[PDB]
Enquirer: 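Take a look at the following structure, please.
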Amino acid sequence: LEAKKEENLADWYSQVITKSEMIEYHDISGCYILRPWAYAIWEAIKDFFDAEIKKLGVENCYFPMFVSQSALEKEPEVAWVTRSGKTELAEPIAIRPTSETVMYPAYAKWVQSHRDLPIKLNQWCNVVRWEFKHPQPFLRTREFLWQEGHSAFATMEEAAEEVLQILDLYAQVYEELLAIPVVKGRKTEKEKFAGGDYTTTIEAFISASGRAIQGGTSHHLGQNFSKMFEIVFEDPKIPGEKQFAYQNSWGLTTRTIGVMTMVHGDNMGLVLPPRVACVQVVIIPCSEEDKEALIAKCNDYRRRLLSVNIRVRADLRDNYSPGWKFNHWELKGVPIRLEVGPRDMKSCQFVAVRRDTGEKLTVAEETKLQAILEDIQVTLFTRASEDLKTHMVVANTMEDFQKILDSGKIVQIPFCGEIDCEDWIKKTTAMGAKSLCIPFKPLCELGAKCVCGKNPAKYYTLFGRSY
Amino acid sequence: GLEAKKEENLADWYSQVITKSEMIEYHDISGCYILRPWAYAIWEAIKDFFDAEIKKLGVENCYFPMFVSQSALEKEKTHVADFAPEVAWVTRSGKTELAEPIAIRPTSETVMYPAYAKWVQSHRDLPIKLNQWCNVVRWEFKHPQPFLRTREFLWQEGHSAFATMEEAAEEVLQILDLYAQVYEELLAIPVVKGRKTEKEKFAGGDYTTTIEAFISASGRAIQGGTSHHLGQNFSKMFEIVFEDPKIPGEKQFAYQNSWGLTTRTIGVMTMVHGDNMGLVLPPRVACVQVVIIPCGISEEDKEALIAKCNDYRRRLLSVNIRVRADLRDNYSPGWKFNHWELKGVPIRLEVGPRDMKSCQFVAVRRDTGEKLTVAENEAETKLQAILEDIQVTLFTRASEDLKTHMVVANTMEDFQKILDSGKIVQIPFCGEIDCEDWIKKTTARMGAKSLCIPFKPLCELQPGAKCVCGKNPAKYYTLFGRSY
Ligand SMILES: Cc1cc(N2CC[C@@](C#N)(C3CC3)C2=O)cc(NC(=O)Cc2ccccc2)n1
Ligand SMILES: Cc1cc(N2CC[C@@](C#N)(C3CC3)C2=O)cc(NC(=O)Cc2ccccc2)n1
Ligand SMILES: O=C(C[C@H]1NCCC[C@@H]1O)Cn1cnc2cc(Br)c(Cl)cc2c1=O
Ligand SMILES: O=C(C[C@H]1NCCC[C@@H]1O)Cn1cnc2cc(Br)c(Cl)cc2c1=O
Ligand SMILES: [Br-]
Ligand SMILES: [Br-]
Ligand SMILES: [Ca+2]
Ligand SMILES: [Ca+2]
Ligand SMILES: [Ca+2]
Ligand SMILES: [Ca+2]
Ligand SMILES: [Zn+2]
Ligand SMILES: [Zn+2]
Ligand SMILES: [Zn+2]
Ligand SMILES: [Zn+2]
Ligand SMILES: [Zn+2]
């Protein structure tokens, strides 16, 4: 790897994602191939989150990719299919940018009584938003994989409960799987989903860019969509009266992998948190009778490790040098390299090198390796945490806000929350700073006025430059 | 209640069964359907099995883009021209024309193989074995049918490249055998492995292998999955090539395979096993294998009966049986019976107060309807045994059905008679496109298509035997019939 993360972050990022064999470019802008090394991380995320939402009663299903004009405009850079071969469709049809308008008519038909609620459905699928701004692999693409969950309840408080549960699962994905610290909160009036009541969100910070990025989102839709699509049930108490269902929706994408790359990656390449590493430990070999024995010693380690449920690969290819293999698996971010040399074989001991720090370490010919893995995870998280702690500070006045913002940090400011003030904050700080979230647990507690002067502060709000 | 008979109007029965089992919901765009959880969980079971099996072969999962540029789609002879009117084109985003229109993938060769060519710089870069689960689109005007033939559908498509022919040949048959395991072992559906004829194979490939299944309610056959050897056709098209230094001065074009399997599986499961009470789920893929329902419904006694149903639920989960306790006050027990029968749940566990007070329950089989009174303490064992026996039974019945409806015939006379009887036929066949066209055209006065050239035909072909056309010698016994 040539480019340096602190010099030329875009070039560093492209080189990391391709030389780690995560991404390949497609001949259509903003579309990328997810190679197995990237996809396996998505598979790990999927296994965790799918089990967890199943524990909450959510069922998986698959709705059509195509949205009619009427369904879509029953409420915009949607991709329109307008012909098959050379012959025009009777009416153009749209590729889903999200599936509310595909799902909620079906919900309306399935709900007859309050006995039919709640409905909790999730799908793992692809969506398309065909914007013409600059794409970035993983972080912001035209086609992407995600999961979208869509719930409908009889009451408001079970919906609110789910909203917070799903947000906490997203925070778990980032913090426990990817070792990325996030700040939970809710979007401002300006930035919230216009189709919902409130939008909760997890925001992560990428310091090499000094920019924030949304990691996931969980919306309380309230009765907005149920009144739109007539998702109604009869009142269990009052004859002949109908109630509109309360709804949530929530989503999470492969952006995860990009954030994991941006946060933990270094100038040797990818750095994989052991919890999502497709390969946690790579075994590399360093008298011909002796050579055969060495290979057999590696296979011994491999089988043992496989037996202790550690994801492991023995790279015994004859065609490549050990130093080549060292660099290959470092670039890919394998948390531990296990080096087996003849002396050490003879000494019945071995060497383990951790990817995060490079700390080498000799050990006796199972237990240790697992112990190293966990520490690597903790290490990654705590460093990311310190980075966030360094780059997220309080400022009580605009001038202090601006200086700090220009130092490449994100700032919690007292904020009145009006949309006009938020646009003013954007252009005065000019790209300009946007609102990220109103944090659940702000750093310091809030008579204080907004940084606009004209109005009092309603809440500490986190602002920053953002992807 | 279903109130439509499978032996009368098969189409209406199918529609009723897939909707009333809560498998399918209709969409306002023809040929696209909502897969509700009851069916999507069957696809997820198939997925878990096939994923595990291909990983043991060294296949890795990935995800390539859904959009194909016009240049990449039209670049090589990847597919015949007759497919052109069935490609769906995105021509605008919002209100603004795209400079170049882009196509939705009907299959991903034109997206993957330029990448494969970039990735093969030497022998060490082979083999490449990649699979993806994803949706594809084929915008046909022919009458769609849920699960069986739709405009959008879910599938897996595997694409692999090798240094030698032997490796690729081996994988083709391994994957075909995996598809046969999906059908016979998970779905309880017997299939016939074989080779597609010249007319019916994938045109740009060297040969296509296939598994064919029979639907006796319709007298038709349908292809369950496919596994192609491409040889070096696509690698010479896309320049997926390396150099062996021990063979200076010769290119080595990769040998490739591709293979595919869709949600048609579920449709075939519905058509083979479904009866006049609704769906019938093979225990192996049933989302719920056992549903516990309280019957015969004092306040203390009611509390106790519900606790007992939950005891059964706990024990069944603890021995890895997928179980649902239907404890809803809103619906009658006889309605619960009907509802879970429509959905095809293999076993219904009835618990009444008299049975609770004698430590027993009733188990009712979905496939036969047979009722058994079972002692409480044997719940885990008996119920497991019964599930296995349901699986077996379904497969056995279907195989019996296949074996009576597939027979050998040696003349166009016998062939057309047996064909008209609603069966499929293994005939001696010369293999030529003209003569297959002729077989179809004649036997209409729809015509019979070829299904597959079986690896293991019923009867070995006689030497010098001539194909039913009488003009050419038979090259092989070939399974023909009316088809989906
Ligand atoms: C990969 C990815 C992710 C996401 N988004 C959105 C919010 C969200 C979060 N959190 C989803 C709710 C879960 C997320 O991840 C969004 C996107 N593309 C786009 O906006 C389209 C686009 C394309 C090119 C340039 C500019 C914009 N692309
Ligand atoms: C559900 C499903 C399945 C399959 N096919 C194909 C062969 C194969 C097998 N075996 C694939 C290799 C895996 C299969 O299952 C094909 C399809 N639609 C279509 O052709 C498009 C269409 C749309 C409306 C009416 C008629 C035709 N729809
Ligand atoms: O997609 C959403 C709302 C939520 N849906 C379920 C998963 C989580 C997700 O945030 C917001 N959104 C975002 N981008 C969009 C782009 C287009 Br184009 C359209 Cl039509 C609609 C939308 C649109 O509704
Ligand atoms: O899709 C195939 C060949 C194989 N691709 C890999 C997975 C298994 C599959 O059988 C054949 N086929 C089928 N239908 C098609 C429809 C269209 Br539209 C196009 Cl352009 C092309 C095709 C086309 O190539
Ligand atoms: Br969104
Ligand atoms: Br196909
Ligand atoms: Ca055709
Ligand atoms: Ca053009
Ligand atoms: Ca490789
Ligand atoms: Ca030559
Ligand atoms: Zn992998
Ligand atoms: Zn203000
Ligand atoms: Zn289910
Ligand atoms: Zn007793
Ligand atoms: Zn002939």
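Lettering: A, B, C, ... assigned in the same order as the sequence lines. Chain A is numbered as in the PDB entry; the shown residues are, in order, 1016-1090, 1099-1309, 1316-1394, 1398-1462, 1474-1489, 1492-1512. Following the PDB entry, chain B shows residues 1015-1311, 1316-1463, 1474-1512, kept in their order. Whatever order the structure lists ligands and atoms in, that order sets their numbers, starting from 1. Heavy atoms only: backbone and side chains are in, while hydrogens, waters and symmetry mates are out.
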Enquirer: What is the drug at ligand 3: cannabidiol, halofuginone, liothyronine, pamiparib, fentanyl?
Expert: halofuginone
Enquirer: Could you peek at this structure and say which chain has the most contacts with halofuginone (ligand 3)? A name from UniProt would do.
Expert: Bifunctional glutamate/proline--tRNA ligase
Enquirer: Report the chain letters of other chains having a non-hydrogen atom under 4.0 Å from halofuginone (ligand 3).
Expert: A
Enquirer: Quick check: A:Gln1170 and halofuginone (ligand 3), any N/O pair under 3.5 Å apart?
Expert: no
Enquirer: Under 4.0 Å from a heavy atom of A:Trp1273: which atoms of halofuginone (ligand 3) are those, numbered in the order shown and with their elements?
Expert: 7 (C), 8 (C)
Enquirer: Run the contact test for A:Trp1153 against halofuginone (ligand 3) with a 4.0 Å cut-off on heavy atoms, strictly below, and give the result.
Expert: no
Enquirer: Is there a nitrogen or oxygen of A:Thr1121 sitting under 3.5 Å from a nitrogen or oxygen of halofuginone (ligand 3)?
Expert: yes
Enquirer: Tell me which UniProt L-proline-binding residues of chain A have a non-hydrogen atom under 4.0 Å from halofuginone (ligand 3).
Expert: A:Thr1121, A:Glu1123, A:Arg1152, A:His1242
Enquirer: Need the halofuginone (ligand 3) atom indices (1-based, order shown) with element for anything under 4.0 Å from a heavy-atom of A:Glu1123.
Expert: 3 (C), 4 (C), 5 (N), 6 (C)
Enquirer: Report yes if some N/O of A:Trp1169 lies less than 3.5 Å from some N/O of halofuginone (ligand 3); otherwise report no.
Expert: no
Enquirer: With heavy-atom distances below 4.0 Å as the criterion, list the atoms of halofuginone (ligand 3) near A:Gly1274.
Expert: 7 (C), 8 (C)
Enquirer: Which residues are in the binding site of halofuginone (ligand 3), using 4.0 Å as the heavy-atom cut-off?
Expert: A:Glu1100, A:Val1101, A:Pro1120, A:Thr1121, A:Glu1123, A:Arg1152, A:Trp1169, A:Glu1171, A:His1173, A:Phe1216, A:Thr1240, A:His1242, A:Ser1272, A:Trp1273, A:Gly1274
